[PDB]
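Below: one structure, written as structure tokens.
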Amino acid sequence: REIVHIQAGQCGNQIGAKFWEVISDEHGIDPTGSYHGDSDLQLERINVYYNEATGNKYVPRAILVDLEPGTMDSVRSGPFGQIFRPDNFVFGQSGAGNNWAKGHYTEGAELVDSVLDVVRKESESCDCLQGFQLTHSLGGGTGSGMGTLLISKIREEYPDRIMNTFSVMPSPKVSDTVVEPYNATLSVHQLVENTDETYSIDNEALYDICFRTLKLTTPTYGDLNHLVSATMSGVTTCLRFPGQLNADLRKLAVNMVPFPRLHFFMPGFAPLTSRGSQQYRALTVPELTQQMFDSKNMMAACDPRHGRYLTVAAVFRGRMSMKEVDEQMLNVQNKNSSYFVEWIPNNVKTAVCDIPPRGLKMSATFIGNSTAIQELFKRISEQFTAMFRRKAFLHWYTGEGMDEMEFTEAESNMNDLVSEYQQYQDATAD
Amino acid sequence: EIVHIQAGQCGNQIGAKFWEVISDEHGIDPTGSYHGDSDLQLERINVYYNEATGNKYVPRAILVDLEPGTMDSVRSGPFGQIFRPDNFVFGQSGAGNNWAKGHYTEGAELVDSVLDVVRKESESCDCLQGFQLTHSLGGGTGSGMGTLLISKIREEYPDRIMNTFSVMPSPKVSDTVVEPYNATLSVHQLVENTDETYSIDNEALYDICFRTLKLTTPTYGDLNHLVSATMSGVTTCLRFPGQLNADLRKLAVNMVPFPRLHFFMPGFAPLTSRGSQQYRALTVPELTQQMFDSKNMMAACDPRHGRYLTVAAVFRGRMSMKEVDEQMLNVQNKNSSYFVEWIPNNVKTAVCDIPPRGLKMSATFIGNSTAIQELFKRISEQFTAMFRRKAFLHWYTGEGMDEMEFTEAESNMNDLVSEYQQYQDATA
Amino acid sequence: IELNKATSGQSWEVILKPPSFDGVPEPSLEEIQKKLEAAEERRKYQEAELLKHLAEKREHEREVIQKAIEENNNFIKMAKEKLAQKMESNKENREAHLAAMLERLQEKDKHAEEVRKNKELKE
Amino acid sequence: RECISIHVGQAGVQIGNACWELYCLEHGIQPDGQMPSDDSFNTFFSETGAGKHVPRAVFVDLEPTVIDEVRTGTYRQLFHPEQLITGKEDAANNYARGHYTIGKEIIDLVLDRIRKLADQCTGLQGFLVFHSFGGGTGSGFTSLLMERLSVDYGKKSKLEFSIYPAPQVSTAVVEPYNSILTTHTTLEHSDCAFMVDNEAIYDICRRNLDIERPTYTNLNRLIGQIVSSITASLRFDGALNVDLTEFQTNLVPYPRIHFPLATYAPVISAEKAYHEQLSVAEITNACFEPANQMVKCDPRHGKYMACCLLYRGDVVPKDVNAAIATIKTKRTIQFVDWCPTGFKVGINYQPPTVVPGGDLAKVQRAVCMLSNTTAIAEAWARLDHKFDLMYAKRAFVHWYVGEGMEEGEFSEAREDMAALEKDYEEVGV
Amino acid sequence: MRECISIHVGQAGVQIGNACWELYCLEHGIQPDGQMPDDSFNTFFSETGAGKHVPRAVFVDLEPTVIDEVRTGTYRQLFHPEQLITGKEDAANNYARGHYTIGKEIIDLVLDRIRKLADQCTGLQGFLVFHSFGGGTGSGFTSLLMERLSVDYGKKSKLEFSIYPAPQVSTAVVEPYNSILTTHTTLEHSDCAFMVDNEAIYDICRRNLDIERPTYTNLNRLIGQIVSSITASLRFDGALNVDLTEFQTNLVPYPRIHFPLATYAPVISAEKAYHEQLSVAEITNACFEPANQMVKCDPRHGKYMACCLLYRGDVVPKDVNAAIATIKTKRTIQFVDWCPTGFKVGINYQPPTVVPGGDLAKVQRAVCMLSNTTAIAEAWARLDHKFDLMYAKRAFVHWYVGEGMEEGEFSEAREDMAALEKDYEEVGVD
Ligand SMILES: CC[C@H](C)[C@@H]([C@@H](CC(=O)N1CCC[C@H]1[C@H](OC)[C@@H](C)C(=O)N[C@@H](Cc1ccccc1)C(=O)O)OC)N(C)C(=O)[C@@H](NC(=O)C(C)(C)N)C(C)C
Ligand SMILES: Nc1nc2c(ncn2[C@@H]2O[C@H](COP(=O)(O)OP(=O)(O)OP(=O)(O)O)[C@@H](O)[C@H]2O)c(=O)[nH]1
Ligand SMILES: Nc1nc2c(ncn2[C@@H]2O[C@H](COP(=O)(O)OP(=O)(O)OP(=O)(O)O)[C@@H](O)[C@H]2O)c(=O)[nH]1
Ligand SMILES: COc1cc2c(c(OC)c1OC)-c1ccc(OC)c(=O)cc1[C@@H](NC(C)=O)CC2
Ligand SMILES: Nc1nc2c(ncn2[C@@H]2O[C@H](COP(=O)(O)OP(=O)(O)O)[C@@H](O)[C@H]2O)c(=O)[nH]1
Ligand SMILES: Nc1nc2c(ncn2[C@@H]2O[C@H](COP(=O)(O)OP(=O)(O)O)[C@@H](O)[C@H]2O)c(=O)[nH]1
Ligand SMILES: [Mg+2]
Ligand SMILES: [Mg+2]
């Protein structure tokens with residue numbers, strides 16, 4: 001019935017702010033927090049992401065967390081920044097300094113109980129809370145560390161509820177903080193254990209989209225954060241908008257996750273656009289169905305053609321021929337059956353929304369459990385094991401109290417998931 | 001005096017058919033009062049009817065059904081008003097074509113209630129002859145609960161003669177699969193609990209309507225009509241005075257030569273269609289040869305297959321005894337092989353110069369031929385089909401019954417099948 | 001020849017050929033009261049055996065309608081005694097999961113306190 | 001001097017309706033009992049304070065209907081309410097039911113009416129029993145009645161009037177069973193028995209009276225008319241057969257062979273062209289032809305041992321012996337070695353009465369004929385085989401043993417019926 | 001007298017109930033308030049002091065939205081608030097939840113309304129359970145209720161109307177589990193189960209109603225025609241025939257062997273006009289077209305143990321027997337050497353009442369043929385294979401086991417089916 005969002009660190013609060021900018025217009029809510037839209041389907045399931053207030057005002061069910069008042073201030077002193085309840089801004093002055101230990105163990109731990117004071121208040125005023133939504137930076141410190149600390153600490157207090165995350169995997173292409181594969185792997189070790197599902201927003205794919213496709217020479221965060229939110233309104237479309245289903249986080253989890261460690265989804269929206277560009281010609285259902293299953297469209301830098309889809313959930317928006325949709329989806333699977341597991345009967349499920357997004361007559365979201373997600377993890381271990389070999393930068397972690405073996409404990413927990421993803425990839429029915 | 005119990009869907013319909021057929025011959029108008037042409041009717045009228053002092057004639061009929069469907073039909077029926085409102089004993093848990101439900105559980109709940117009626121109804125009788133039961137052998141109330149009272153009554157009045165009119169289940173008529181299971185179980189009881197039993201077969205009944213009356217779509221009304229005829233036709237020696245001067249025990253004494261071999265083969269002449277078309281009188285020889293031919297027997301057996309132990313023949317309608325007698329002695333001279341030689345003068349003729357309603361003649365028959373073991377072979381085989389693979393048995397065993405009851409009841413019938421054989425092959 | 005004479009009658013033997021052979025030849029109340037009294041025993045015995053055999057069947061029903069009653073009350077035992085186990089076995093299993101996973105967590109909440117300790121140690 | 005007539009079950013009861021009908025004709029008694037203007041008629045009629053001559057008769061039936069037809073009849077004013085005995089239900093064609101079952105129930109009571117009948121007697125000769133043979137009641141109770149009358153009224157006569165069964169009449173399948181069991185039980189208790197074959201009465205009503213389908217009444221009309229001829233010698237003042245003990249002597253030489261054959265002439269109808277009435281010379285040749293015989297058994301091939309020619313009315317002794325001599329002239333009539341060849345003739349001067357509103361024609365001269373012939377075993381031989389057939393394969397037996405009887409009683413009776421069939425071989429040499 | 005408590009369990013179970021109950025209101029001219037202007041219909045409806053005819057039904061669901069659509073619906077008045085039961089959180093397409101975790105919290109209250117309806121039954125016949133084969137509520141809760149009622153009401157008749165899953169008509173990867181799971185737990189508690197293959201209802205709407213993309217109503221309405229055609233015999237008393245439970249005696253040869261196959265005819269759209277009408281000899285032959293069956297199977301290949309024809313409208317014995325004659329010649333209709341070659345007929349007086357403003361047109365003569373053929377077992381194996389496929393790799397199982405289920409419940413349940421497969425194998429032996 002209800003969802004509690006949280007955002008951690010720089011990226012967390014940056015990608016999270018944008019999600020709240022997109023879904024407010026998608027619901028006819030103004031920067032003031034008041035409703036002024038036409039259709040009443042915009043209010044049918046509004047309870048999900050919004051708290052009803054006085055003066056018939058809506059306020060997002062979101063907590064703003066960071067060990068730095070930076071992004072925190074730019075957001076608050078920004079566009080839709082007025083919309084959020086100022087009390088929920090749980091902002092410390094430490095600064096995890098791109099350190100997992102600083103956020104999860106040391107400086108972050110000091111804050112966490114203050115954050116939890118707020119999550120408890122938001123969960124209380126819920127007819128039925130279904131679960132939590134986390135938007136965070138996987139290479140950082142508050143995002144990566146404190147964010148997973150917060151997970152473990154929430155998963156403790158509410159084991160019965162869904163734990164869904166939007167984790168942004170770092171790329172040496174986008175960020176040159178050398179320690180990222182340490183904070184990356186350290187966070188993976190935590191996700192595989194305390195989240196129902198995870199959307200892998202890989203910063204590598206994100207960049208290549210803006211660079212090679214969108215032809216933006218010097219992509220700004222704005223150009224990447226736009227692709228993130230476009231995917232996020234997409235994946236959340238059925239949770240937010242009424243229709244065919246019903247439309248629960250647990251119903252998805254149950255159907256989309258066959259094995260519990262493997263809940264990392266490879267998102268991948270079609271049609272790819274440049275931040276704030278006017279759309280000329282829209283695409284047809286074949287153009288959509290086709291483009292949406294392209295590696296060139298995945299938000300994680302993995303080739304679905306190198307793997308096998310355990311599950312797929314494709315979400316189409318706008319007004320289109322479903323018989324044409326069913327014609328196309330069954331063309332795709334029935335021609336490329338080799339990429340889908342024989343031992344999961346009917347692994348591809350398609351949902352359609354008549355409400356398309358801003359400036360798009362038609363869009364089409366992709367959520368798949370392709371074993372090819374191993375490529376993302378593989379990468380990370382090769383980056384980590386390169387540094388951990390020469391035991392590089394380690395004193396940044398140890399000096400925070402952190403143990404040497406905690407790294408090797410995470411390195412191999414990470415190394416297991418890859419063999420585990422491979423195991424099911426090679427696995428056959430016969 | 002006779003007490004007439006009518007059990008089940010079939011038994012109540014069959015019984016009501018006779019209970020209007022006789023009233024026509026006895027002048028008892030649909031409301032209950034005498035109006036007849038002569039007092040030869042009223043002479044032997046205390047046999048079936050009673051007085052509401054006076055006069056209003058009430059039948060000595062007891063109505064029984066585990067469901068109220070069939071009871072409300074009779075109640076509404078043309079001659080419905082004629083019955084005593086305190087003689088309809090009916091439940092709500094409709095037996096549902098289950099001997100076990102009718103015989104045990106459900107019917108056993110209502111048994112005692114019905115016996116109170118017979119107890120009371122036997123009080124008005126100066127000296128009762130016995131009881132008469134009309135019932136079906138395929139269903140629940142009639143097949144099961146019927147056999148139940150038959151035992152209960154045999155206990156309450158041990159010396160009182162047990163008479164039944166039993167329609168036999170056929171694979172042609174009625175689609176209830178269980179039927180051989182109800183029949184076998186009820187034959188078992190009738191073999192030990194009745195003094196005489198009239199074996200009427202729906203196989204034989206459907207075929208008379210079809211092959212003979214030419215009736216292309218035989219309805220129950222057409223089937224039941226042939227039965228009602230044989231019912232009043234065999235009860236002419238009771239209902240109608242003359243040189244006979246006969247009773248239920250006298251009939252049984254002279255008919256049943258060995259206890260268990262008491263199953264009767266009813267017959268008729270002429271085979272008239274329901275309604276259509278009256279007219280065209282029948283000659284004396286015409287009336288005898290018809291009646292004695294397998295194409296005129298309500299029991300589905302060939303008499304030329306067995307051997308007649310004892311025979312009855314009530315000729316109704318205006319005729320001359322020299323004509324009648326001559327043709328009977330003509331028959332025993334011809335069919336010498338099919339009549340038991342070691343039972344001297346075993347073929348009894350009864351006459352009555354009163355024809356039944358409409359037709360101006362009649363010739364009801366009651367053979368006691370060993371051929372009837374073909375009627376029992378039919379059932380026993382139909383049973384053994386389902387039983388060897390124990391199919392639909394759960395329906396029964398779920399009512400508290402054991403597999404052993406079926407084992408025994410079948411075995412007890414095979415003993416009767418074999419017993420009938422002992423005399424079919426018997427030579428003095 | 002003559003035999004006798006009367007008012008409204010007369011009689012007279014009339015011989016024809018006399019015999020060739022001169023010479024000619026070559027109930028108790030108690031026993032009826034006993035033989036009758038005996039016949040009634042016989043009649044009253046086989047009719048008493050009938051009564052016995054009928055009263056035997058009267059128990060067969062009293063036994064049959066019982067099987068049906070017992071069969072159902074044991075069915076309702078069997079079913080209720082299944083739910084009792086199933087719901088409890090599940091309550092056992094499910095709660096034993098939630099508590100094992102809160103210990104994994106409890107322990108991985110301790111790892112944190114000893115790190116905040118290993119940091120203080122170094123200082 | 002007196003005579004009590006007992007009627008057991010339907011046959012004898014119905015036949016005894018015709019008896020006391022003819023008696024009240026020949027005696028001029030009204031169906032009320034009162035009669036206006038030799039005294040021997042009183043051997044059968046006990047006068048009351050109202051001067052009404054109540055018959056010395058006792059009617060018994062195990063079922064109502066039949067005796068109730070008298071209590072309805074013109075002659076209901078004749079008998080007292082006590083003398084007509086009617087139980088609840090008949091023996092249902094069963095000997096064993098009649099005897100041990102319903103017999104026990106009614107015995108004492110029946111003998112009580114007999115006692116009360118015999119209390120008013122100045123020298124009661126015996127009893128004249130009327131019954132069937134194969135009947136439920138006319139076998140079961142009759143043999144039981146003889147059994148206790150022989151004890152209670154010992155050394156006192158019994159004149160059995162029995163109706164032998166025939167398929168030509170209303171017949172029942174068990175009949176030969178009842179017929180043998182009864183004969184064996186009545187055997188030592190009967191002093192003299194008059195067997196009457198129903199088939200013989202049948203054709204006599206057909207060939208002479210011209211009734212192809214004769215009513216029980218029509219058949220009885222003759223039976224009673226031949227019966228009145230046997231009893232004319234008793235109710236009137238005739239010399240021959242004055243006492244019951246005369247038949248027992250005159251006819252019964254060997255005690256066991258006590259079944260005299262009966263013959264009657266003339267066999268005459270009223271609805272036929274009137275002519276010259278029969279004379280003594282005619283009726284003698286008529287009495288010697290079995291076309292008038294009461295039991296169908298050829299005497300021409302059967303040794304005799306007794307004879308009585310009982311004439312009635314306008315008959316004279318010269319013409320009697322004028323006919324007697326002429327019959328020994330042509331016919332040689334075979335007699336046993338131990339017996340004298342001859343007849344004890346007798347004319348009762350009183351006239352032969354016929355029924356007003358009946359078939360029978362008024363004849364001035366008539367003649368009965370009581371004759372003991374070994375040929376009467378040709379009637380038992382018939383019944384013995386029918387009994388032998390059924391019992392051999394044991395058909396119907398279960399009905400009798402269910403009534404309290406034993407299987408022994410069946411064999412017992414036939415073993416003795418064989419003894420009797422041999423006593424006719426031992427005598428008929 | 002002859003009372004009948006109908007029970008509707010979640011989404012499929014409830015929605016189907018609304019097509020059923022709307023029809024009955026038409027069949028016996030009942031208005032959506034309960035009033036109306038042969039009282040044998042009172043076996044399903046209960047007349048009140050006001051004369052309002054309230055159904056002998058219970059609408060049960062673990063989430064509110066479905067039952068809410070009845071409380072707000074056209075016939076909001078038609079039922080008691082008590083007889084429309086709703087949990088807050090659904091079973092999340094999971095049996096284990098519906099049966100235990102979630103269902104436990106309602107079960108007790110649910111049985112109370114059943115008992116508070118059982119009182120007004122002067123002489124009850126038994127129950128009519130309508131459910132989904134693959135829903136969390138549809139499967140889990142149904143077996144818990146089937147289990148509980150068999151304690152509560154002992155050996156009373158429980159007659160299921162189970163919706164077999166088809167991929168075309170929604171579905172969810174886990175469904176074969178929820179399918180096999182319930183089948184097992186309910187097998188003892190069922191008296192007679194009327195299987196409905198969602199594909200066969202789809203395939204008909206496609207072929208005969210001509211609908212390219214059927215709405216749930218399009219199918220539910222078609223299904224409700226088949227269901228009323230079954231329960232016609234009970235809501236009416238026709239001299240002509242109409243005699244159910246008696247069919248059940250021939251249909252069910254053994255206790256486990258309780259699944260009859262339905263074959264409704266004629267399914268004709270409101271677009272013919274010229275074709276009208278069809279003789280009895282046409283519709284009798286229609287019943288033997290695999291294309292017309294409720295469950296997709298081949299009884300032209302498999303043996304028979306029953307055949308019962310449920311005629312209605314304009315049916316007169318003469319031709320029924322001529323129709324019956326022609327088929328008994330055709331050597332496809334092959335029975336077992338223990339089961340007679342008889343056809344249990346039953347003609348109704350009332351004509352097939354059609355839904356005003358519907359898809360199907362008014363017919364003179366409607367038929368439905370219940371039959372106990374070994375070709376039904378195909379439905380089991382079809383589902384048992386899909387089960388075995390995911391179950392081998394133990395795919396999705398964790399969600400079940402996480403709710404309290406033993407790994408063995410899944411093995412036990414499969415063996416029972418394999419036994420049932422062997423039971424249909426054994427019976428079809430001569
Ligand atoms: C490919 C790597 C980056 C994506 C990118 C970008 C950083 C960025 O977007 N940054 C660095 C903080 C500010 C932000 C950007 O300025 C351009 C503002 C307008 C923005 O996107 N604002 C966001 C909000 C925001 C989000 C996240 C962080 C800060 C601000 C908005 O309004 O949408 O340009 C500097 N580039 C090319 C770089 O940072 C540089 N190259 C690199 O990254 C190397 C050398 C490979 N490490 C230089 C070539 C400049
Ligand atoms: N001649 C003659 N024979 C009769 C008469 N009534 C019956 N019979 C014969 O009697 C035999 C049967 O015996 P019934 O005396 O009639 O029977 P029952 O059982 O003694 O008498 P119920 O008490 O009426 O049952 C048959 O041979 C009949 O033909 C009659 O009036 N005259
Ligand atoms: N025939 C038919 N099938 C339906 C309908 N609604 C759902 N289904 C089927 O039901 C199955 C899914 O189960 P549901 O009954 O919808 O789920 P539930 O758990 O019972 O209900 P909720 O959890 O409350 O949503 C699928 O196989 C669907 O095809 C309907 O109206 N008609
Ligand atoms: C109450 O109805 C009847 C009762 C009886 C008989 C009978 O058939 C004529 C009846 O009519 C059906 C009867 C039957 C069979 C006999 O032998 C087979 C017999 O010897 C004798 C008879 C009957 N006796 C006569 C003289 O017909 C007595 C019993
Ligand atoms: N997609 C995206 N990546 C970002 C953004 N801001 C920072 N990052 C990424 O976040 C990671 C560093 O984490 P950061 O959010 O700065 O740290 P924190 O303040 O300790 O949570 C790097 O991998 C950056 O590429 C943003 O707005 N969008
Ligand atoms: N002749 C005839 N047979 C009938 C009638 N009704 C049903 N039957 C037969 O009765 C048998 C089934 O018993 P039934 O009377 O219906 O059941 P009950 O109500 O439980 O006694 C079958 O063999 C049917 O053929 C009827 O009125 N007449
Ligand atoms: Mg008698
Ligand atoms: Mg569900």
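Naming convention: chains lettered A, B, ... in sequence-line order (proteins, then strands); numbering from 1 in each chain. Worth knowing before you read on, the calculation uses all heavy atoms, side chains too, and leaves out hydrogens, waters and symmetry mates. As the structure lists them, so they are numbered: ligands from 1, and atoms in each ligand from 1. How was it done? The header gives X-ray crystallography, 3.5 Å.
- At ligand 4 one finds the drug colchicine.
- Among all chains, the one with more heavy-atom contacts to colchicine than any other is, according to the PDB entry, Tubulin beta chain.
- Other chains with a heavy atom closer than 4.0 Å to colchicine: B, D.
- The name that the PDB entry gives to chain D is Tubulin alpha chain.
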